[PDB]
*Asks:* 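Sending over a structure with MK-1775; questions below.
Counting begins at 1 with the first residue of the sequence. Computation of the quantities below employed the complete heavy-atom set of this structure, encompassing side-chain atoms and omitting hydrogens, waters and symmetry-equivalent molecules. Counting convention: from 1, in listed order, for ligands and their atoms alike. Recorded method is X-ray crystallography, 1.9 Å.
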Amino acid sequence: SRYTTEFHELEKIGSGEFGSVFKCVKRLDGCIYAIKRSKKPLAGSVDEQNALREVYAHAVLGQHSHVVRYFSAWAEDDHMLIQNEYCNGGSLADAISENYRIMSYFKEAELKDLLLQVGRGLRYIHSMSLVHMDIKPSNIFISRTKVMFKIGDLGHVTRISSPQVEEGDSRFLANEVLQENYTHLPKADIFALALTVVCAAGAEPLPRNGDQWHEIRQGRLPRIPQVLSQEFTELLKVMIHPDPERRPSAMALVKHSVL
Ligand SMILES: C=CCn1c(=O)c2cnc(Nc3ccc(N4CCN(C)CC4)cc3)nc2n1-c1cccc(C(C)(C)O)n1
């Protein structure tokens, strides 16, 4: 077993239907990695393409400061394994939970930094003719040393020129994707990112469906309890515009003075 021989498990850091994720030391270099171990996907199943595309996405994207770095992927004993960098801050979902626990919140300066950093990650992914298609807090990872946000969980990644859309989290999904219009997919990542930042800013849990879900897709920004500058508010708002073409690209996004 490569997993057993090459790596020492330190802590279970994730669990789900796929399998489990462990914080591990690689014995050879002594460094810490996040290693996901998943069962074999069933024949002709969505979980199949998902796990397959994760590795391809990592392969194309390779090393970038705002994308979770891939180190290797292999299979043995009827499981798939992928070895990625370990982000010691967990995900943005974990960070938001910690804020809830201590009743703290991300200030505007921190929200701008989150938006700019993940924005730079998207700009890179989009420049390689790919889209992420599952941006949300739980897929944004955090490295502290101060803080670096890195786009992770690349299982929904697809090409803009031959789009294969697996329906993502309904809470973050732009209306035109639901309508099976895949002609503006990078703008779907932009929509999702805005709502990710809105979650980080202290908004109530986003709706999965219903009237509140539609209000957002009509371009109405969810309520944010803390005071934010008008220019920052207006940027988040145009990022969720009903017309994808009115949403800024990632390139246009990161070139906002406000950030
Ligand atoms: C290789 C698997 C995907 N993945 C990464 O690429 C990755 C990179 N860094 C980390 N760091 C990480 C994650 C979680 C936590 N904590 C979570 C909450 N606990 C209370 C304490 C530990 C502390 C540090 N975690 C990472 N991954 C990870 C870890 C858990 C769950 C998931 C899924 C696949 C659900 O997205 N992914």
*Asks:* Okay, contact question: for MK-1775, which chain racks up the most heavy-atom pairs under 4.5 Å? Name from the PDB entry, please.
*Replies:* Wee1-like protein kinase
*Asks:* Taking heavy atoms under 4.0 Å, what residues and nucleotides bind MK-1775?
*Replies:* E11, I13, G14, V21, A34, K36, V68, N84, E85, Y86, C87, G90, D94, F141, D153
*Asks:* Would you check whether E54 has a nitrogen or oxygen atom less than 3.5 angstrom from a nitrogen or oxygen atom of MK-1775?
*Replies:* no
*Asks:* Got a sec? Which UniProt active-site residue of chain A is nearest to MK-1775, and what's the heavy-atom distance to 1 Å?
*Replies:* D134, 8 Å
*Asks:* Nearest protein heavy-atom contact for atom 11 (N) of MK-1775: which residue, which atom, what distance?
*Replies:* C87 O, 2.9 Å
*Asks:* Give the UniProt domain of chain A with the most residues touching MK-1775.
*Replies:* Protein kinase
*Asks:* Within the structure, does at least one protein heavy atom fall under 4.0 Å of atom 33 (C) of MK-1775?
*Replies:* no
*Asks:* Any idea which protein heavy atom is nearest atom 18 (C) of MK-1775, and the distance to it?
*Replies:* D94 OD1, 3.7 Å
*Asks:* Using a heavy-atom cut-off of 4.0 Å, which residues UniProt lists as binding ATP in chain A are that close to MK-1775?
*Replies:* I13, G14, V21, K36
*Asks:* Among residues of chain A listed in UniProt as binding Mg(2+), which lie with some heavy atom under 4.0 Å from MK-1775?
*Replies:* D153
